[PDB]
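Chain naming is simple here: A for the first sequence line, B for the second, and so on down. Per the PDB entry, chain A residues shown: 6-78, 80-219, in order. Residue numbering in chain B adheres to the PDB entry, whereby the residues present occupy positions 6-78, 80-219 in order. So for chain C, numbering is the PDB entry's, and the shown residues are 6-78, 80-219, in order. In each ligand, atom 1 is the first atom listed, and ligand 1 is the first ligand listed.
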Amino acid sequence: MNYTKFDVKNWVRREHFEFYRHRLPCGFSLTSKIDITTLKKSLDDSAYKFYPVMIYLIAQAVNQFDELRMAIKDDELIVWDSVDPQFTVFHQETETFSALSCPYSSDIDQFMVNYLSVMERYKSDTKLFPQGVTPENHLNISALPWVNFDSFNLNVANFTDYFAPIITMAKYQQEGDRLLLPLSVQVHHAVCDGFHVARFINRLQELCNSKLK
Amino acid sequence: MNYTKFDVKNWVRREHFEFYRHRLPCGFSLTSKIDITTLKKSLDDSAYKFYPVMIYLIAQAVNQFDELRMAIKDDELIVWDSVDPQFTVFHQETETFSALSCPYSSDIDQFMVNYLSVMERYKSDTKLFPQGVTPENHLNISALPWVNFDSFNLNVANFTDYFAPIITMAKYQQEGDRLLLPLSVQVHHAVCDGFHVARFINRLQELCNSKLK
Amino acid sequence: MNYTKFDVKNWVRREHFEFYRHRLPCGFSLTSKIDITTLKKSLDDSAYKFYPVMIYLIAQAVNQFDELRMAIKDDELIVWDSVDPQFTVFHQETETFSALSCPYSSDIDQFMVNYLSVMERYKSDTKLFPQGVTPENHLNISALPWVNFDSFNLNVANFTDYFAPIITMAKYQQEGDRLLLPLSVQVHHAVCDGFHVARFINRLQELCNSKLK
Ligand SMILES: O=C(N[C@H](CO)[C@H](O)c1ccc([N+](=O)[O-])cc1)C(Cl)Cl
Ligand SMILES: O=C(N[C@H](CO)[C@H](O)c1ccc([N+](=O)[O-])cc1)C(Cl)Cl
Ligand SMILES: O=C(N[C@H](CO)[C@H](O)c1ccc([N+](=O)[O-])cc1)C(Cl)Cl
Ligand SMILES: [Co+2]
Ligand SMILES: [Co+2]
Ligand SMILES: [Co+2]
Ligand SMILES: [Co+2]
Ligand SMILES: [Co+2]
Ligand SMILES: [Co+2]
């Protein structure tokens, strides 16, 4: 299959996993600003567009760390070999959104092909989930391009055993010499500590500062 | 009556409404900074005070968009023709607050009269709700004038079917050439998407940048 | 004992206490930036390290206000005469954390001795709670030194009657001429209003701006 059952008995976080899963169930969100000054220049020198690139970069970073690809399957903790981004798409005509997903590829060009293809096929589809059920191996990404925010948090009535990270981006803004993008990350404490989230954000910042290809 | 039953069957968000109301109940909060540089100048050229003006402006913006004035009445989704602000008042003497409400008016001067009148009558009343039950057609506004914040979120143990927006303002501060006011907006996802919140904030920013009368 | 039963019947917030405890149970979080420019200079002129000093200062501020030291004991509302900080410690080797506590002292030097001693004894212990049960009279402090954030919020599935404040600090950063530290405070609304949180933050800022000894 496309996942491995994780070895919980020998895991250094096994106590923390049971503690935050069942004793004191909780998750947290944090919003930090990523410097996209370099990324903006790379985009300017290319034909790629901002949203799909960010989707690719966030998916790439998630795909590097096991703790961001955990799930419960058949009552056991698993790690997905890879996850595909599920992202929101806004319909200007109805002023409503849909969620779509497309397969992740470490090849940026192949990822763009996948994206444009899904976009082409469902750009007019106003169902919340035009493709039907969300792939189990997913990450959620959403964008609020119309307003800048310093914080964002989702208040969910029940998040039992839901371990996929939730990432939300706001409109970027110029802050002196830098172009900053607010990015909110929301995780379940059973699989992620503050260290793991910081590590993800640091890695994303490095990717934004690196060549696209 | 002062409300209309909304046409849920023909609404473009009908799927989203059922989804976020019952399948995955959730709400979100976001804090953004409004530029009040212009507003400060308009206030300086007038006799109006900051808090009541902000209350008026937030109420005016809410009163423009239907999705911010929804409620469930007799198990059906309704839109209030208009909502009145319910705002917090601090008592320096007991270091406690009360919540008061006064009727909204599109006439700023008539609104100020309503405000001062409610303030006059209950300035000494330390009950949490001096006027008794909160009007059903309300919006909540609160102020924390003593500290600046970049984020604010309310963790509510049960928010089933509570659709009135919650707005919280912090102490404003000078940020280079601008005077910025942190404003947190917290809504239920069944009636509001990120688009709707951004639209509200953008409209509020425009009102702050416009003549008072 | 080390606590006093609080006089709820004569308290000015008695209505608010019942309201936010049982009618509309909720808490809130806020993140604000503390200016640590002066503190950094005091630290530079000393042998004290940043983390333990912040722990001391946060504990000192908490120890000054009764509303931050409330709890329910034997179904009654009590105030602890004093609380000890419970703080997180990261283990670089396992990339996991533990929580430790040490007795508060108004004497900074005696506090440092207590801290170093607990640190010495459990630096290698990877249990989540190396010392065993958390003292009932505690405050929680956590640090995310690896990333700066503008917001942080804990989404807790059940926080009934849990009144100890939760404080989270991020990596500090230079903001023009100032060194700013993001600090998130999360409280239960039954015992703390926005005023009380602002008062705590203002007092902490004053302590950071004052001599250590
Ligand atoms: O609901 C979704 N997205 C919204 C868009 O505002 C938001 O990002 C979200 C994501 C996950 C979530 N959850 O898993 O509880 C709730 C809301 C996707 Cl699952 Cl379609
Ligand atoms: O409780 C209230 N206000 C507080 C003040 O801190 C806060 O703004 C708030 C508003 C709404 C809320 N809710 O509806 O769950 C909870 C807290 C008003 Cl309802 Cl009186
Ligand atoms: O769980 C704890 N700390 C974490 C570390 O991320 C976090 O600060 C936290 C604190 C309190 C909490 N609560 O009381 O619900 C939940 C998480 C301490 Cl209780 Cl050990
Ligand atoms: Co268990
Ligand atoms: Co891989
Ligand atoms: Co239903
Ligand atoms: Co109207
Ligand atoms: Co009761
Ligand atoms: Co004392």
* What does the PDB call the drug placed at ligand 3? -> chloramphenicol
* Asked: Which chain contacts chloramphenicol (ligand 3) the most here, in the terms used by UniProt?
  -> Chloramphenicol acetyltransferase 3
* To do: State which other chains have a heavy atom under 4.0 Å from an atom of chloramphenicol (ligand 3).
  => A, C
* Residue C:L160 vicinity, atoms of chloramphenicol (ligand 3) by number, heavy atom under 4.0 Å -> 9 (C), 17 (C)
* Asked: Numbering the atoms of chloramphenicol (ligand 3) from 1, which are under 4.0 Å from a heavy atom of C:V162?
  -> 15 (O)
* May I ask whether A:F33 has any heavy atom positioned less than 4.0 angstrom from an atom of chloramphenicol (ligand 3)? => no
* For C:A105, atoms of chloramphenicol (ligand 3) separated by under 4.0 Å from a heavy atom -> 20 (Cl)
* **Per-residue contact class, A:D199 against chloramphenicol (ligand 3) - non-hydrogen pairs under 4.0 Å** => neither
* **Atom indices of chloramphenicol (ligand 3) within 4.0 angstrom of C:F135 heavy atoms, with elements** => 20 (Cl)
* Asked: Would you say C:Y168 and chloramphenicol (ligand 3) have an N/O pair spaced under 3.5 Å apart?
  -> no
* With a cut-off of 4.0 Å, which atoms of chloramphenicol (ligand 3) are near a heavy atom of C:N146? -> 18 (C), 19 (Cl)
* Provide the residues lining chloramphenicol (ligand 3) within 4.0 Å, heavy atoms only. => A:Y25, A:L29, A:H195, C:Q92, C:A105, C:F135, C:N146, C:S148, C:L160, C:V162, C:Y168, C:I172
